[PDB]
Colleague: 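Structure incoming, see below.
Numbering of chain A is taken from the PDB entry, so the residues present carry the numbers 5-410, in order. For this deposited structure, the header notes the method as X-ray crystallography, 1.7 Å. Both counts, for ligands and for their atoms, begin at 1 and track the order of listing.
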Amino acid sequence: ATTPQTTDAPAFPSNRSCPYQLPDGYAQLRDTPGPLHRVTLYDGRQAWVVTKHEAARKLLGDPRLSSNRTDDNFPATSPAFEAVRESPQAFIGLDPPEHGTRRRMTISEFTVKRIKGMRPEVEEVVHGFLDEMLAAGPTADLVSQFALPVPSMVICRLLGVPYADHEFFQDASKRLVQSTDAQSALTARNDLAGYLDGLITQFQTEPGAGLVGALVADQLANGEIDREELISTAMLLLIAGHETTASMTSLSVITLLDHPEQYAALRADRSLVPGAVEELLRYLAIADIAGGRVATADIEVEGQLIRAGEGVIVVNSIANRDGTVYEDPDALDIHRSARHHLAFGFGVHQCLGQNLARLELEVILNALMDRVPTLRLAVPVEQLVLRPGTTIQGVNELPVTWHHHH
Ligand code: HEM
Ligand SMILES: O=C(O)c1ccccc1Nc1cccc(C(F)(F)F)c1
């Protein structure tokens, strides 16, 4: 090469170097005027990304932006995503009206009433794993010993997946979400699909509790959902149900320990916890791989033209750092109003599990402050290995220690 390498479509996604700040490239996008920006995906395709808060709400509500993953022009951010692409879709990949007919089969499990009613169960699960970790003595891996098991046990009960098989499906879920190549991603999905097919057949003998048992005994027995779809739907809920909250827990611990005055204020006044959870959601925005869209018609946005067949990624981490919405947006402030953040999306696909996630993180933070207020990282912040921007944000390992008490 013998010419400058500046490009008007930088590589996307980018990797975080700090868990709670944007990648520098993302900061550059945040500062570029306009709602949209060109980028180049891993294979060479260019696509649009959305980089401003209001425009992200508007485009997430635009029916000309389809969630159809199996569309040829759907933006793929890694060779692994094309596992979810050439696979039968759960409702996260459907458009209305099909999307609502499938999502409505699951919503009874996620109502505000039901979630509020799970609080004692979540508290029991959180405190049990906390006990086992603390009794095991420092040091510890917060991911394997706490952040992952807690939401796994909860979502497994919700679904009717037996927690006994946790080692299998927890490992399979890891391999699907984080793979760098396509085939290891396909294999993880097919191990999962295979396990899920057996559970249905098992339900097809003795009716079990949980959402999967319910969908087997009703919608499936009425032909209203296909077996492939039920598997896909159960897989989406299982994986989302435990990988997202696990990442929020580990990244929130890292973040709070870098803001000790806010963490101390939080411990001193537990009425701040719900607002702190909202702020952490806005600030950490762990699900950026959760904004892909493909346009089925030309879309004009503020003087820029999205043409039919162009991919669009609504990047909610950047949108949540829009300073015309959140004053001083790169500062963590558990007292701020984080209302209207996009960590959960917006519109018809807005996160089904959002209030379960909020409940989990409130109980988790309270239990950590109750039972191990001296928790600290057993390594410095820049000895941690963060995941790349091609997957759910977080850490695969979080070595922690505490002052032992008896
Ligand atoms: C803990 C933090 C969580 C975050 C930050 C998060 C983030 C998101 C985002 C951004 C979307 C939108 C995807 C899109 O627009 O294409 C989404 C959708 C979804 N989330 Fe969550 N999620 C979290 C927890 C959960 C939990 C605990 C569940 C439990 C099952 C869950 C289940 C779902 C489902 C099923 C959808 C698809 C909804 C639809 O397409 O109608 N999420 N999530
Ligand atoms: O997007 C799919 O189709 C998907 C399929 C199978 C399993 C998980 C899937 N998605 C997924 C995986 C992790 C976190 C989130 C989300 F952030 F949206 F909640 C979504």
Colleague: Which of bithionol, flufenamic acid, desvenlafaxine, benzolamide, imiquimod is found at ligand 2?
Modeller: flufenamic acid
Colleague: Identify the macromolecule bound to flufenamic acid in this structure with the most contacts, using its name in UniProt.
Modeller: Vitamin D3 dihydroxylase
Colleague: Provide the residues lining flufenamic acid within 4.0 Å, heavy atoms only.
Modeller: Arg73, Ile96, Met239, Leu240, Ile243, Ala244, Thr248, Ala291, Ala294, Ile396
Colleague: So which protein heavy atom does atom 15 (C) of flufenamic acid come closest to, and at what separation?
Modeller: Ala244 CB, 4.1 Å
Colleague: Who's the nearest protein heavy-atom neighbour of atom 4 (C) of flufenamic acid, and how far?
Modeller: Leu240 CD1, 3.8 Å
Colleague: For atom 17 (F) of flufenamic acid, which protein heavy atom lies nearest, and how many Å away is it?
Modeller: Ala291 CB, 3.4 Å
Colleague: Report the nearest protein non-hydrogen atom to atom 3 (O) of flufenamic acid: residue, atom name, distance rounded to 0.1 Å.
Modeller: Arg73 NH1, 2.8 Å
Colleague: So which heavy atom in the protein is nearest atom 7 (C) of flufenamic acid, and how far is it from that ligand atom?
Modeller: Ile243 CD1, 3.5 Å
Colleague: Mind telling me which species the deposit lists for chain A?
Modeller: Streptomyces griseolus
Colleague: I'd love to know which residues UniProt tags as binding calciol in chain A are close to flufenamic acid, meaning a heavy atom under 4.0 Å.
Modeller: none
Colleague: Suppose we measure from atom 6 (C) of flufenamic acid to each protein heavy atom; which comes out shortest, and what is that distance?
Modeller: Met239 CG, 3.9 Å
Colleague: Which residue holds the protein heavy atom closest to atom 16 (C) of flufenamic acid, what is that atom called, and what is the gap in Å?
Modeller: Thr248 CG2, 4.1 Å
